[PDB]
Engineer: 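Sharing a structure: nirmatrelvir (bound form) in complex with 3C-like proteinase nsp5.
Per chain, numbering begins at 1; letters A, B, ... match sequence-line order. Hydrogens, waters and symmetry mates are skipped; everything else that's a heavy atom, side chains included, is used. In each ligand, atom 1 is the first atom listed, and ligand 1 is the first ligand listed.
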Number of protein chains: 2
Amino acid sequence: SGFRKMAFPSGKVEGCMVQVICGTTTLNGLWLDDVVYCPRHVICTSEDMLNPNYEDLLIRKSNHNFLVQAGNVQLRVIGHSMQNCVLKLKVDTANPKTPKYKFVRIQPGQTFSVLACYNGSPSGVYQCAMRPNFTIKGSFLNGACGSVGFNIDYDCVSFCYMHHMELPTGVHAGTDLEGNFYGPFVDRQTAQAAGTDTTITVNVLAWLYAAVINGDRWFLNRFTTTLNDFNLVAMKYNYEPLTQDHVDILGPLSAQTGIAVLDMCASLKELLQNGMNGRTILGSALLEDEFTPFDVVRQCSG
Amino acid sequence: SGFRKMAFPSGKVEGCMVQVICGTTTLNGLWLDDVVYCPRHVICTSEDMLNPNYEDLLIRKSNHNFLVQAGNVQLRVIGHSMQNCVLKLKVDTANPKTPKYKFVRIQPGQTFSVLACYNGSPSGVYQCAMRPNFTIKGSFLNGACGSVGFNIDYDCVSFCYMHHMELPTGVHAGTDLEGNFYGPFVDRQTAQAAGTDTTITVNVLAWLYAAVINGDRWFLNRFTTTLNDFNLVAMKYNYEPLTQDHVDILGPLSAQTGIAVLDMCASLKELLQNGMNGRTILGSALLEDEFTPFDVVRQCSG
Ligand SMILES: *C(=N)[C@H](C[C@@H]1CCNC1=O)NC(=O)[C@@H]1[C@@H]2[C@H](CN1C(=O)[C@@H](NC(=O)C(F)(F)F)C(C)(C)C)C2(C)C
Ligand SMILES: *C(=N)[C@H](C[C@@H]1CCNC1=O)NC(=O)[C@@H]1[C@@H]2[C@H](CN1C(=O)[C@@H](NC(=O)C(F)(F)F)C(C)(C)C)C2(C)C
């Protein structure tokens, strides 16, 4: 029993982290086979970051201008290219610690583990949800760029995020491993703001199933609701519409607990309309939306 | 910016996890050099766990009765001994992935990362504080025993916990790596309960400094307090006495922010007496006590 925000074991990703230095800018890179992937703004000076022309800055760099270090070993750069907002550095040595991997573009509402790194060295790991506004609530200081987000499925690492920047309110933005940003952000130091966020309904429902499994059942009412009436009520509380695809994804938790999804929707409807009356659910005084149905199943059945 | 509950990168510990099977009981072991450490109740059947005589059960086991598997390799057990509540299995192969390590007994109020494992396979990582009642708020299912807690200092892993059992309310108990339990618990399946817990004052203060660094400063009042008056007020809210050793440990955060510890104590005193008036601090509606001053410094200065 117990329910905690849990990250994937980071070992497979730790073995891929390297330091990339270009001139006087240093950040992290991800070394998979003979390629190192890193944010393209490693080629900028502080001044260039205000309004960079990456294509122009890159044409004046050669392979030798990129210094890649993996522990106490310098890797020789033998090729370079830019793909969207990431640079790919071909190196003369394939990473022997390369796990089985894939690059995936995650959807809003999904979670992943972040391995925060500085100077190519892993410092910590934590779980994030890709918010509906395409930001994550991370924790990153100067030099964290190139830190990656991932999921692990059996032996396979699905890399989904690479860190690039921090937005107002202390939220974070980045790209997939093909360098395409999540959200309408650009890698330039200019005024940018995230759009208004929304609560991930299907995740709040998943976390209510986690609470039931853990013995916190006070919020369970005796009613049911229709999907339409639930979505009409939940819209005013800035909750995402719950789709039939979301109801299907909640099926395993619903079957495990014997609580129909629409019955849990009636319990959530009452919690939204009446509040929690000073009570907690899994120790929280607020409804949590950063656990997916898979995250819950992972911990509440194995 | 940002502040998240963050675990240490688990790679160094993942390379030490093995599966230990004795008869029909399976749990996790920690393989360091040529020794595998695991909870002694691996030698029990379900029936033995109700009231076990470990010394008696162990005398009827030989080395061959312990099957240790590290990935796809079976390790041969060539010696065994029991030290308090842990069994030590000498194996014929030294773990080549053994990091630099030490065994430490952590103090109440301190935090560590837990690598939850099943069948010798790491599943997830999360941060815990050793509560003043010597329990942790973990997340463990059947088969999790032998999962370990640790801290990482530069290249050195300090192992401090090995998981043994779950107590009422879904809290967890275990031993140090010398097999001595934290708290007045025993490894027997009989009615046991944790003592009344207390709030770790120095950690709440550390987390208020984290909030200030992150720009959440609404709770800062214009007053100071004496240590005696702070401790008189905080006793009724079930907060641990704040000692001069705790005030000294908060020194780096106090110097970084320019807020004296006793001034933060006056702000905490007002929060305890008046509540948070529906407001949040670092997104939380409750005061958090599971971040040590070191955990805060780690994230709010690097
Ligand atoms: C990469 N190492 C850093 C990570 C930042 C540093 C503070 N916390 C983080 O997550 N990335 C940057 O410094 C990027 C980088 C230029 C400026 N920048 C920012 O994150 C800035 N943000 C923005 O300009 C904004 F709001 F548009 F997102 C900063 C004000 C420094 C936080 C580039 C190329 C975008
Ligand atoms: C080790 N694999 C498990 C981990 C437990 C299983 C459920 N969640 C966990 O943390 N440890 C045990 O099953 C230990 C083991 C016998 C019984 N036990 C317990 O944790 C039980 N608890 C107690 O009897 C109590 F309350 F005293 F702590 C159980 C009721 C199964 C949760 C031994 C030898 C203590």
Engineer: Using a heavy-atom cut-off of 4.0 Å, list the other chains contacting nirmatrelvir (bound form, ligand 2).
Structural biologist: B
Engineer: Within a distance under 4.0 Å of any heavy atom of B:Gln192, pick out the atoms of nirmatrelvir (bound form, ligand 2) and give their elements.
Structural biologist: 27 (F)
Engineer: If the cut-off is 4.0 Å to any non-hydrogen atom of B:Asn142, which atoms of nirmatrelvir (bound form, ligand 2) fall inside it?
Structural biologist: 6 (C)
Engineer: Hey, which atoms in nirmatrelvir (bound form, ligand 2) end up nearer than 4.0 Å to a heavy atom of B:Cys145?
Structural biologist: 1 (C), 2 (N), 3 (C), 4 (C), 11 (N)
Engineer: Could you check which of B:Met49, B:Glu166, B:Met165, B:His41 puts a non-hydrogen atom nearest to atom 22 (N) of nirmatrelvir (bound form, ligand 2)?
Structural biologist: B:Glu166
Engineer: So if I count the atoms of nirmatrelvir (bound form, ligand 2) from 1 in the order they appear, which ones are less than 4.0 Å from some heavy atom of B:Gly143?
Structural biologist: 2 (N)
Engineer: According to the deposited model, which residue and atom hold a covalent bond to nirmatrelvir (bound form, ligand 2)?
Structural biologist: B:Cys145 SG
Engineer: Which atoms of nirmatrelvir (bound form, ligand 2) sit under 4.0 Å from any heavy atom of B:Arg188?
Structural biologist: 24 (O), 27 (F), 35 (C)
Engineer: Source organism for chain B according to the entry?
Structural biologist: Severe acute respiratory syndrome coronavirus 2
Engineer: Could you tell me whether B:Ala144 approaches nirmatrelvir (bound form, ligand 2) through its side chain, its backbone, both or neither, with non-hydrogen atoms closer than 4.0 Å?
Structural biologist: backbone
Engineer: Just wondering, which UniProt domain of chain B does nirmatrelvir (bound form, ligand 2) mostly touch?
Structural biologist: Peptidase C30
Engineer: What UniProt active-site residue in chain B has a heavy atom closest to any heavy atom of nirmatrelvir (bound form, ligand 2), and what is that distance to 1 Å?
Structural biologist: B:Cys145, 2 Å
Engineer: Show the atoms of nirmatrelvir (bound form, ligand 2) that are less than 4.0 angstrom away from any heavy atom in B:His163.
Structural biologist: 4 (C), 9 (C), 10 (O)
Engineer: In this structure, which residues build the binding site of nirmatrelvir (bound form, ligand 2) when a heavy-atom cut-off of 4.0 Å is applied?
Structural biologist: B:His41, B:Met49, B:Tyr54, B:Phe140, B:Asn142, B:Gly143, B:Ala144, B:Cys145, B:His163, B:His164, B:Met165, B:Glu166, B:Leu167, B:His172, B:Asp187, B:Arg188, B:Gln189, B:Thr190, B:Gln192
